[PDB]
Protein chains: 4
Amino acid sequence: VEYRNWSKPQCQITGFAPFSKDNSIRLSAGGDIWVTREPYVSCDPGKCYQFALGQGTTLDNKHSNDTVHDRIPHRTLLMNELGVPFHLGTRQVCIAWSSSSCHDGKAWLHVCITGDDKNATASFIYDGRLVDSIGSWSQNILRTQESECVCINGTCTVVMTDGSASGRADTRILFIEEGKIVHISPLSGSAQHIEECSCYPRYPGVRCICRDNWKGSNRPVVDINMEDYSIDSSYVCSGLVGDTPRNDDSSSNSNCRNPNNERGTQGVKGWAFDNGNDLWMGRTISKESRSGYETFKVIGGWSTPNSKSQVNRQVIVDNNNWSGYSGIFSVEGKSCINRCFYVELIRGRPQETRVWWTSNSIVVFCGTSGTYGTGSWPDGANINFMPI
Amino acid sequence: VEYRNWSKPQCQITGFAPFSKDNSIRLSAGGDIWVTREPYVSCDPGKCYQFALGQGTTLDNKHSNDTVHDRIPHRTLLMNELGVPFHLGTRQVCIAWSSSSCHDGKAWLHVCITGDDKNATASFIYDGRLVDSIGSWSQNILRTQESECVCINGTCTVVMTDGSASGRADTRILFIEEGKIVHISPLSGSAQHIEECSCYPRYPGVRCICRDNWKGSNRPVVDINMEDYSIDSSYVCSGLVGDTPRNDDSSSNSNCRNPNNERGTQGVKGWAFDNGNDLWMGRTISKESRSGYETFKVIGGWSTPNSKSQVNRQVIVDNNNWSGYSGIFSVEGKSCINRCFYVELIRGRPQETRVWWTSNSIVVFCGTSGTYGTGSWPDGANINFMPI
Amino acid sequence: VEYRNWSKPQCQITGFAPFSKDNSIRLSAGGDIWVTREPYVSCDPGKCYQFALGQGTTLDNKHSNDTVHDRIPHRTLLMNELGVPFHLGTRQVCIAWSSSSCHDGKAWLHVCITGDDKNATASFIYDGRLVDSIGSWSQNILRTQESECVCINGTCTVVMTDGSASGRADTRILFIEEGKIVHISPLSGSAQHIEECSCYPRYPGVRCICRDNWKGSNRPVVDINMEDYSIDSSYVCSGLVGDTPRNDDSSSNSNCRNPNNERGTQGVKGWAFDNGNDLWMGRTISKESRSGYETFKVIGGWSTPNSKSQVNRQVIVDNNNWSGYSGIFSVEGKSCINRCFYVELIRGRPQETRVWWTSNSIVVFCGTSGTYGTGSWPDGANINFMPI
Amino acid sequence: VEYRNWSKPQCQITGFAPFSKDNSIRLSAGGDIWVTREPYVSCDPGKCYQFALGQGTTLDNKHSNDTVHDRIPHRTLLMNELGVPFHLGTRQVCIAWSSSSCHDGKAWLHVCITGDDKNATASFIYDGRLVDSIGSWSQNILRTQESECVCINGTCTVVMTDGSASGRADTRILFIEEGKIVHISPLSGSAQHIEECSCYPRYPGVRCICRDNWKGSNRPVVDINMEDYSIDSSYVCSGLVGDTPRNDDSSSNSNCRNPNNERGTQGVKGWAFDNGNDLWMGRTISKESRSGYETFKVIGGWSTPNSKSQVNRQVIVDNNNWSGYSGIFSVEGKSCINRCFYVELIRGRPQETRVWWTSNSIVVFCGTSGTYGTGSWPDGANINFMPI
Ligand SMILES: *[C@@H]1O[C@H](CO)[C@@H](O[C@@H]2O[C@H](CO)[C@@H](O[C@@H]3O[C@H](CO)[C@@H](O)[C@H](O[C@H]4O[C@H](CO)[C@@H](O)[C@H](O)[C@@H]4O)[C@@H]3O)[C@H](O)[C@H]2NC(C)=O)[C@H](O)[C@H]1NC(C)=O
Ligand SMILES: *[C@@H]1O[C@H](CO)[C@@H](O[C@@H]2O[C@H](CO)[C@@H](O[C@@H]3O[C@H](CO)[C@@H](O)[C@H](O[C@H]4O[C@H](CO)[C@@H](O)[C@H](O)[C@@H]4O)[C@@H]3O)[C@H](O)[C@H]2NC(C)=O)[C@H](O)[C@H]1NC(C)=O
Ligand SMILES: *[C@@H]1O[C@H](CO)[C@@H](O[C@@H]2O[C@H](CO)[C@@H](O[C@@H]3O[C@H](CO)[C@@H](O)[C@H](O[C@H]4O[C@H](CO)[C@@H](O)[C@H](O)[C@@H]4O)[C@@H]3O)[C@H](O)[C@H]2NC(C)=O)[C@H](O)[C@H]1NC(C)=O
Ligand SMILES: *[C@@H]1O[C@H](CO)[C@@H](O[C@@H]2O[C@H](CO)[C@@H](O[C@@H]3O[C@H](CO)[C@@H](O)[C@H](O[C@H]4O[C@H](CO)[C@@H](O)[C@H](O)[C@@H]4O)[C@@H]3O)[C@H](O)[C@H]2NC(C)=O)[C@H](O)[C@H]1NC(C)=O
Ligand SMILES: CCC(CC)O[C@@H]1C=C(C(=O)O)C[C@H](N)[C@H]1NC(C)=O
Ligand SMILES: CCC(CC)O[C@@H]1C=C(C(=O)O)C[C@H](N)[C@H]1NC(C)=O
Ligand SMILES: CCC(CC)O[C@@H]1C=C(C(=O)O)C[C@H](N)[C@H]1NC(C)=O
Ligand SMILES: CCC(CC)O[C@@H]1C=C(C(=O)O)C[C@H](N)[C@H]1NC(C)=O
Ligand SMILES: *[C@@H]1O[C@H](CO)[C@@H](O)[C@H](O)[C@H]1NC(C)=O
Ligand SMILES: *[C@@H]1O[C@H](CO)[C@@H](O)[C@H](O)[C@H]1NC(C)=O
Ligand SMILES: *[C@@H]1O[C@H](CO)[C@@H](O)[C@H](O)[C@H]1NC(C)=O
Ligand SMILES: *[C@@H]1O[C@H](CO)[C@@H](O)[C@H](O)[C@H]1NC(C)=O
Ligand SMILES: [Ca+2]
Ligand SMILES: [Ca+2]
Ligand SMILES: [Ca+2]
Ligand SMILES: [Ca+2]
């Protein structure tokens, strides 16, 4: 087995085609299924896996009550083959209320964060053993991507933040070889707040589109040089911005450099990627709520400040249905690297108060150079049929 | 691993022997089991798998209600080893309300269709990744085989239809290499309506026996030339016709070339295969309903128009029990290629209205050159014992 | 991978040590577990598997009602790793109300019998495909070992019977190469009735200890010559006889040649094996009921007619607990072939009428050259705690 | 594959980082999960497994009642990948109410003890087959480690005791090659009572830290010479003693040689390991009950009698939560051998009498050379939510 280099061109895509759906919540009404949130997808060279953070309980279980909370000691990272729902034979890979995972061509790295808010621990598990750990550097919820990390030539990189969720924080980029931290670079450039990065290989480097939780409804960009560990950062140029909340399309702005100060506080994990001067991106359909999900290409979305000409829109989840986090993953093809994404479909509290739990299912799409139609692939559970 | 060529003679069979049964519905009354329909079987070079289209729910689950409907966004293709019932650890391979799968000797291809009736998307997934997609060409339920596709020397073929279910439609034959569509041929020949083809390798080509939903109770044939991509089509010669509905045996006809215009509208997926001038075929025992299942050889059934002399009949499911779809799969032996088939055993609505769901189990038989006796292997669930 | 020859001496044993227990019935009271009977064990070169005939239902399921019956179309052969209870992810290997399985060093052979009592079909499945089948030869419940067959140098042998259960029947010994029947030898010698053989390799041949259901409470022996397909048969010499029912030890007899005509009608599947002039054997503790289970060595039990000197007795299941069928399996060690056995622990009807089902768990012991103590390892379920 | 030698230096650790948690009890309230106790962890060269002794029943099951008892014939050793909770697909590896398991680099050895208190049997199962057995030598609960054994160059060693739990007993150290007992050494040295050893490779030998159930709240040490089979024993020097019960830190003593006669009777399985003159150890936080769990380094804890200066304390489970047994396992890294440990988190009787069962979950930590924070990772089940 050889290390991945991702040294192929990006697949030229026309949009996205359906790839996977797990129907977790519908199944939870007639089966023992894990309560989860913060899902993601990552693939080894042969096949894909779905990950999520468990809440230490199944849904039809009194312990599902009040699982809206983000951090308890019982949260563990779950890992199954993509499309295998989180049933009771699911492996809990590590203890984690925040995580990232990636395969370097030889083995899986898992970055697992747990413990006290003011003094958390990140464990680095590689090829089935604990190789390293780091403690909190700002004593304020050490946290990471909630999606796949990226490895080139046996060096994996992951973005982590510690500090305020509503003000300047301390973001660092780790470089990890076979589970061992070999270098840590501080964030540099013009991005002013970084959360929950969605990163992808862009050989010879790695590029991340993240969440600004402080002053931006435009999404920050972090560029990671894998050769010298140098970091740059900025914001997605597109005037059609990717965060939630955000302004209406007619009054939203980005200048590529600064947070836009437009409903900037709070946010949601999301993704985008560049193709030359253009941008492919997803976002919730609602400007204020985690409802619906759409993708489109923005002409000049990568290179032209405040560009708003979109094309090739697809509805993934219609706006009468709940969405959630979304993130990118990359899949090596015969001659190119494809970009895929997942959407977290959050059900229960706080939006749906008939039930006392909070959980999610997922839907997953992959880039295509072919053609496609239309649809909507929401969670699909009837809240009135659920155990409360 | 090398590509399959299927370049062995067809096994000379005397009939069929019992191979597998999953007891899905019986188990669903005391366990968490997927609601399914449109099952099939396909084998890699070592072992066989059962497939079906899930309805995004287990049976003992309020979401099972009104699963008689064919197309919802929560339908996914399920895949287990043959004989492993669809329990909660079952992998959902893709999103699909119509599908076909096949192994080319190196990896699995899945053809998965989902989305809006008037604008569906077919995804092509090979070796664990999305390689291609195509959109609806006639804006009227793009759809495919619901049984295995067939690959020779790395090229897989699958038959797809888009358009009216009760009139002239637009049928196309796709040729796919490692998940990439390399050629598309329109239907040609004398078949006037094609649905749900049951295809098999007949080196150097592929032969399909399908469903005419418009004017024929005789089954159409599609012949696929894998060298030059040319297509031919006709109808099975046998005067003992394979569709349901159909006329009784004394008043049924086929001329090998045209739909017979005998209770032609509607149909059921089924199969047959040639052996020289003769034909092995299955059909429902009832001429009007999806009840019972029988196989037999028709002497001159392939070559002689309106041939009605049968021999080697076997009852698979007696006529007091529900059947459903059936399809062929092929299994490479040491010196010959064997033909096998599955029968979908549909329980629930519309035939059984005590319950609100519709689901199925399967029974599976394989060609034998040996001897055998008699029996009947129906679904076996007591409708009165089931969750409603 | 090479064919097994079993060409090592038999391990010299001092008795038997505990090996496995599945606790099936206890688990069935809080879990979805298959209803079964007629279990057995067989091992490939690396590890062991438990087999049993399912009843097409779980225990906590209304379909478990009246599963005392031996033959229904829904019975399938289940196969798990030894000690994995028959949960809903269990693979149903074939359709069978009577079976035998064995691994030839390269792949699994399964012999699966199903269909009508007067016209059954035996399917021969090898390396995941149906290779052969045979129909009933006496039109009266074609049936086989309910324990492992035995293969030497790629030829597997299995004993089958068709005809009366209470009078002269037609017993045949099949020789099978990669699933294909290559020879069938009729029973020969002095054994007058043969059921449910427990066979083991005794290089260069195979030896079986079976059940006489007609005139003998002494167990018949069948010796199979794998070189020329010739058959011999006789009865176990031991005056301590192995069948149930049987006479008291003080009035039981065997002359090694004929059925003893001592409570000869009916019986139970069991086993024994030779070591020089001596015999290792198991039997129920009760003379009339399938209750308890004991093993011991009979001095001169193989060579001396009517020998009754036993030594090295062990209680496996005390006589306040239900037993059932038992059978031998053989396991290749570094320098010798070991003999192991399983005991079926039948619960429910007809003996326990609080519940309407009949099922079983298993316990498994292996020969040892070491030392051991005492115990009792019954099913362990409280009938009053069970779903009815 | 080659035999393990463990011939690398011990990793130099700063403390421990979170590795795994199974949430067994929380899940048992909404799923079918085994009742267990006496868990441990052991890894083959690629991955780690969790083990425990089942009670022949799931928790939500009337058979869970009165599972506080230590020895019934239905107890079996369960084995899953680490983090896969004990669901119904879990393999029962052998029959055992006391056990030890270890991988020698080529295959797994399991030591499984069951049967009558006064005449137990230990079975030795290697590479999937029973290779040896030994009977009770003192007729008083033959018993072993309840954690991993240790193998060097194909010879595995395990510590076993037979005799009084409250007085002089008969402890022996076994040496096992491919499942065959090749030598047995009696305990020698100054340890006066040995139970439940937690052993680890310390090339060229094996070192064990155990439980004195008679006169010591200081933990005994057993040193095993793998070259000549000689045995030495003593007590851990640390004045901060590891057993429960024990005196408070201001009045506890150890002289490295004798049991301290300080609340010596009874105990709990635990662990410690040397690093030069210092000692890493865990213990319950409570000095009288199995409540809480803490680790720390004792400066001079290995070499200096009655040393009480600690550093690098970590809370693993706070003292408001139940703990239980704990044990060490070792994991080979690239350049060093790491030490890890598990903590059994006992729920139910006798401490929690709302329910009638006794079961456990686990939490697992591994040595780290990096940094870490703080937390508490208790079982987490609400006793009021549980089936009784
Ligand atoms: C069948 O499916 C195909 C493929 O999905 C679909 O074609 C697509 O239609 C959409 C909508 O017209 C196209 O995307 C648009 O492109 C134009 C630029 O040409 C943009 O102006 C659009 O943006 C706006 O309008 C949106 C609502 O449609 C607003 O949400 C947005 O804020 C802008 O105002 C949009 O991006 C897309 O390019 C095609 N795709 C292709 C490959 O042609 C077709 O319409 C479907 N037909 C039916 C009957 O369902
Ligand atoms: C034990 O099992 C064997 C194998 O299954 C069985 O032998 C089979 O019997 C059937 C029925 O007789 C044979 O099939 C028939 O063949 C004749 C030609 O010889 C056909 O005319 C028959 O067709 C019609 O009759 C059917 C009703 O049986 C109608 O459904 C149909 O519309 C026609 O009118 C039919 O195909 C078959 O060939 C044999 N198979 C072999 C290998 O011999 C045997 O009968 C069973 N034993 C007992 C006692 O029943
Ligand atoms: C601890 O365990 C050991 C090993 O299991 C056990 O030793 C065994 O005891 C039995 C019973 O005494 C021995 O088997 C007997 O052997 C004599 C010949 O020496 C036979 O006569 C016995 O047969 C009869 O008695 C039986 C009842 O015991 C009747 O059922 C039977 O019909 C005959 O009348 C019987 O076969 C066995 O040989 C030893 N095994 C060894 C290896 O020594 C020991 O007794 C146990 N001790 C305790 C206190 O539990
Ligand atoms: C964030 O997490 C870090 C790492 O866990 C943590 O640092 C650790 O703090 C503990 C507690 O101070 C240190 O352990 C102590 O070391 C001193 C020697 O310097 C010992 O005297 C202590 O022993 C006693 O005190 C204990 C109570 O704390 C008693 O239980 C005990 O009986 C003794 O009386 C104890 O071992 C540990 O060394 C550091 N670890 C490192 C690597 O620095 C830090 O405190 C956390 N941050 C915050 C704000 O709490
Ligand atoms: C801790 C601040 C962080 C980014 C604002 O909040 C996240 C937001 C979440 C959210 O907005 O839904 C849920 C995440 N599980 C949470 N992360 C953690 C580690 O608790
Ligand atoms: C759309 C026409 C097509 C063939 C007549 O209908 C099928 C018939 C079915 C049927 O006759 O039972 C069920 C199939 N699930 C359905 N296929 C789709 C894709 O919905
Ligand atoms: C059919 C006669 C045969 C031997 C007497 O009866 C067996 C006895 C049984 C028994 O005595 O318990 C159960 C077996 N499942 C049955 N075998 C079959 C094939 O039905
Ligand atoms: C028999 C003495 C022994 C060590 C003191 O008791 C153990 C203590 C236990 C305990 O203190 O919790 C539980 C163990 N399951 C038990 N071991 C056996 C084999 O029954
Ligand atoms: C969930 O917990 C809350 C707070 O204790 C309680 O009011 C509510 O009844 C619980 N819900 C259920 C369904 O038990
Ligand atoms: C299924 O849905 C129908 C329509 O809403 C309803 O009348 C019926 O009661 C439902 N069935 C069950 C079992 O709840
Ligand atoms: C089992 O079936 C019998 C016969 O119909 C019936 O009398 C009995 O009530 C059934 N048992 C249960 C538990 O439903
Ligand atoms: C457990 O057993 C005891 C003793 O028989 C009994 O009193 C108690 O009710 C049982 N518990 C349950 C939950 O049935
Ligand atoms: Ca924001
Ligand atoms: Ca028709
Ligand atoms: Ca008899
Ligand atoms: Ca003590």
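The chains carry the letters A, B, and so on, in the order of their sequence lines. The numbering of chain A matches the PDB entry: 82-469, in order. Following the PDB entry, chain B residues are numbered 82-469, in order. Numbering of chain C is taken from the PDB entry, so the residues present carry the numbers 82-469, in order. Numbers in chain D track the PDB entry; the residues on display, in order, are 82-469. One-based numbering, in listed order, for ligands and for the atoms of each.
- Lab note: main contact partner of ligand 5 (name per the PDB entry) = Neuraminidase.
- For ligand 5, the recorded drug is oseltamivir carboxylate.
- Other chains near oseltamivir carboxylate (ligand 5) (heavy atoms under 4.0 Å), by letter: A.
- By the 3.5 Å distance cut-off applied to N or O atoms, A:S179 is not counted among the residues near oseltamivir carboxylate (ligand 5).
- By the 3.5 Å distance cut-off applied to N or O atoms, A:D151 is counted among the residues near oseltamivir carboxylate (ligand 5).
- The shortest contact between atom 2 (C) of oseltamivir carboxylate (ligand 5) and any protein heavy atom is with A:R224 NE, 3.7 Å.
- The distance from oseltamivir carboxylate (ligand 5) to the heavy atoms of A:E119 drops below 4.0 Å at these ligand atoms: 13 (C), 14 (C), 15 (N).
- By the 3.5 Å distance cut-off applied to N or O atoms, A:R118 is counted among the residues near oseltamivir carboxylate (ligand 5).
- Counting heavy atoms under 4.0 Å from oseltamivir carboxylate (ligand 5), residue A:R371 touches it through the side chain alone.
- Of all protein heavy atoms, the one lying nearest to atom 17 (N) of oseltamivir carboxylate (ligand 5) is A:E277 OE2, 4.4 Å.
- Of the protein's heavy atoms, at least one falls inside 4.0 Å of atom 12 (O) of oseltamivir carboxylate (ligand 5).
- In this structure, atom 5 (C) of oseltamivir carboxylate (ligand 5) lies nearest to the protein heavy atom A:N294 ND2, 3.4 Å.
- Residue A:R152 holds the heavy atom nearest to atom 20 (O) of oseltamivir carboxylate (ligand 5) of all those in A:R152, A:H150, A:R156.
- Of all protein heavy atoms, the one lying nearest to atom 10 (C) of oseltamivir carboxylate (ligand 5) is A:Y406 OH, 2.9 Å.
- Taking distance alone, with nitrogen or oxygen atoms compared against 3.5 Å, A:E276 stays at or beyond that limit from oseltamivir carboxylate (ligand 5).
- Under 4.0 Å from oseltamivir carboxylate (ligand 5) lie no other ligands or ions.
- Assignment of A:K350 to the shell around oseltamivir carboxylate (ligand 5) is not supported, since no heavy atom sits closer than 4.0 Å.
- The binding site of oseltamivir carboxylate (ligand 5) (heavy atoms under 4.0 Å) is made of A:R118, A:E119, A:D151, A:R152, A:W178, A:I222, A:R224, A:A246, A:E276, A:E277, A:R292, A:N294, A:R371, A:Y406.
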Output block, N or O contacts of oseltamivir carboxylate (ligand 5), threshold 3.5 Å exclusive:
{"residue": "oseltamivir carboxylate (ligand 5)", "atom": "11 (O)", "partner": "A:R292", "partner atom": "NH1", "Å": "3.4"}
{"residue": "oseltamivir carboxylate (ligand 5)", "atom": "11 (O)", "partner": "A:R292", "partner atom": "NH2", "Å": "3.3"}
{"residue": "oseltamivir carboxylate (ligand 5)", "atom": "11 (O)", "partner": "A:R371", "partner atom": "NH2", "Å": "2.8"}
{"residue": "oseltamivir carboxylate (ligand 5)", "atom": "11 (O)", "partner": "A:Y406", "partner atom": "OH", "Å": "3.3"}
{"residue": "oseltamivir carboxylate (ligand 5)", "atom": "12 (O)", "partner": "A:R118", "partner atom": "NH1", "Å": "3.1"}
{"residue": "oseltamivir carboxylate (ligand 5)", "atom": "12 (O)", "partner": "A:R371", "partner atom": "NH1", "Å": "2.8"}
{"residue": "oseltamivir carboxylate (ligand 5)", "atom": "12 (O)", "partner": "A:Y406", "partner atom": "OH", "Å": "3.4"}
{"residue": "oseltamivir carboxylate (ligand 5)", "atom": "15 (N)", "partner": "A:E119", "partner atom": "OE2", "Å": "2.8"}
{"residue": "oseltamivir carboxylate (ligand 5)", "atom": "15 (N)", "partner": "A:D151", "partner atom": "OD1", "Å": "3.2"}
{"residue": "oseltamivir carboxylate (ligand 5)", "atom": "20 (O)", "partner": "A:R152", "partner atom": "NH1", "Å": "2.8"}

